[PDB]
Novice: 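Here is a complex structure; among its components: L-thyroxine.
Throughout, chain A uses the PDB entry numbering, with the displayed residues spanning 19-355 in order. All values below were derived from every heavy atom in this structure, side-chain atoms included, with hydrogens, water molecules and symmetry-related copies excluded. Every number for a ligand or one of its atoms is a count from 1 in the order of the listing. For this deposited structure, the header notes the method as X-ray crystallography, 2.0 Å.
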Amino acid sequence: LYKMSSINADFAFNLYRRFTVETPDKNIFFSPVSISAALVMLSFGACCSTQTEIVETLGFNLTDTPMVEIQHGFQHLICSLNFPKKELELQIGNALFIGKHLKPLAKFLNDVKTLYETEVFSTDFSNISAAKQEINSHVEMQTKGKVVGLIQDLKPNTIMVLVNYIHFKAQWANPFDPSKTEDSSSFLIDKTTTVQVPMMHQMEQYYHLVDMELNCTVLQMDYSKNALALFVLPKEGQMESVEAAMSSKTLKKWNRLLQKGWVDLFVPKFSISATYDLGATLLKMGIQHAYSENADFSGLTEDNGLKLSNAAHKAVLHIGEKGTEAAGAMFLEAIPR
Ligand SMILES: N[C@@H](Cc1cc(I)c(Oc2cc(I)c(O)c(I)c2)c(I)c1)C(=O)O
């Protein structure tokens, strides 16, 4: 419901915080919905503690939201996100690359295809090089060329890869005039160091606030339809404290407090990318049995013949005068159990 949105948001912020620990004072950029979607999809085929660990790690309490409701919730979410929207490109889909010799349950396959935007491909993982290339170029195509080389290394014993992809392209409700963009303006990257970036500039009415508790400025920039960007600008030295406070509760607070008024606004034009090896992180967060010799994916294949081995994510962002283009992909790799 809006219950799910609250849970998924808090998962995003907790995972975000894990990243600030693994790569401190560095660019962070990921798609929470992509990561959550891949794991939920994996959970559809899992049983018992293997299944429950995955959803609990995603933030859910199975007393509050039974397994079945979580499944239906995520199927509804991905359907809604993919629903045609004028002036907005947003697609999120998944692909299952199944080994030639695996015995996937027709139930699992029919379910993910009908209910979870899944394309299924029979894959010859005995040519591990060609398989890696096939999967990479499919993710590349589905992300409109924006996510290149998702998979760097694929284990020779790989017998299944689950991939989720997201592509987003939208125009600002109020685009910037490139004739007002300063070619070269300073951006502070640490206390004593600046980099030069093009700085877009406009004066318009925007929803905004100063959080008096957190000492950050929050700025909402709408896209032309069904979407928005939130920029959170901490006071000097206050990034750590703002990061600690990010939560669904904090977003709900801001939603009430944001007020539309005139702002003389300067936003950088830039592109960034980020990659994450997620195997160890997901284990630490509580996904354990999925990796073990006693992994229970009895809902996926006839012979419960696999276990999770690797996971990784790549995401890219561009912001310019016209709008924003962002893409991401998540993969989970399985080997014989
Ligand atoms: N106020 C305008 C603009 C706005 C939309 C969203 I989406 C949002 O982000 C969240 C995220 C979660 I999770 C919530 O529970 C809530 I409430 C808002 C915020 I901040 C502001 C609107 O409503 O369209």
Novice: To what macromolecule is L-thyroxine (ligand 1) bound in this model, taking the chain with most contacts, per UniProt?
Specialist: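 The largest contact count goes to Thyroxine-binding globulin.
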Novice: For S23, counting its heavy atoms only, list the atoms of L-thyroxine (ligand 1) lying under 4.0 Å from any of them.
Specialist: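 With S23 as reference, the close atoms of L-thyroxine (ligand 1) come out as 13 (I).
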Novice: Under 4.0 Å from a heavy atom of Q238: which atoms of L-thyroxine (ligand 1) are those, numbered in the order shown and with their elements?
Specialist: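 Counting atoms of L-thyroxine (ligand 1) from 1, those under 4.0 Å from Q238 are 3 (C).
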Novice: Starting from atom 14 (C) of L-thyroxine (ligand 1), which protein heavy atom do you reach first, and at what distance in Å?
Specialist: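 Nearest protein contact, heavy atoms only, for atom 14 (C) of L-thyroxine (ligand 1) is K270 CG, 4.2 Å.
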Novice: Looking at atom 20 (I) of L-thyroxine (ligand 1), what's its closest protein heavy atom, distance included?
Specialist: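 Closest protein heavy atom to atom 20 (I) of L-thyroxine (ligand 1): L269 O, 3.3 Å.
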Novice: Hey, quick one: is there a covalent bond from L-thyroxine (ligand 1) to anything in this entry, and if so which residue and atom?
Specialist: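 Covalent bond: none.
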Novice: So if I count the atoms of L-thyroxine (ligand 1) from 1 in the order they appear, which ones are less than 4.0 Å from some heavy atom of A27?
Specialist: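 Answer for L-thyroxine (ligand 1): 13 (I).
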Novice: Hey, is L246 touching L-thyroxine (ligand 1) through its side chain, its backbone, both or neither, going by heavy atoms under 4.0 Å?
Specialist: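 Under 4.0 Å from L-thyroxine (ligand 1), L246 contributes side-chain atoms alone.
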Novice: Tell me: protein heavy atom nearest atom 1 (N) of L-thyroxine (ligand 1), and distance?
Specialist: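 Here the closest protein heavy atom is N273 OD1, 2.6 Å.
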Novice: Measure from atom 9 (O) of L-thyroxine (ligand 1) to the protein's non-hydrogen atoms and state whether any distance is below 4.0 Å.
Specialist: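 No, because not a single protein heavy atom sits under 4.0 Å from atom 9 (O) of L-thyroxine (ligand 1).
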Novice: Taking heavy atoms and a cut-off of 4.0 Å, what residues surround L-thyroxine (ligand 1)?
Specialist: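 Counting heavy atoms, the site comprises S23, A27, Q238, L246, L248, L269, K270, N273.
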Novice: Can you produce the list of protein nitrogen or oxygen atoms under 3.5 Å from a nitrogen or oxygen of L-thyroxine (ligand 1), alongside each distance?
Specialist:
unit_1	atom_1	unit_2	atom_2	d
L-thyroxine (ligand 1)	1 (N)	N273	OD1	2.6

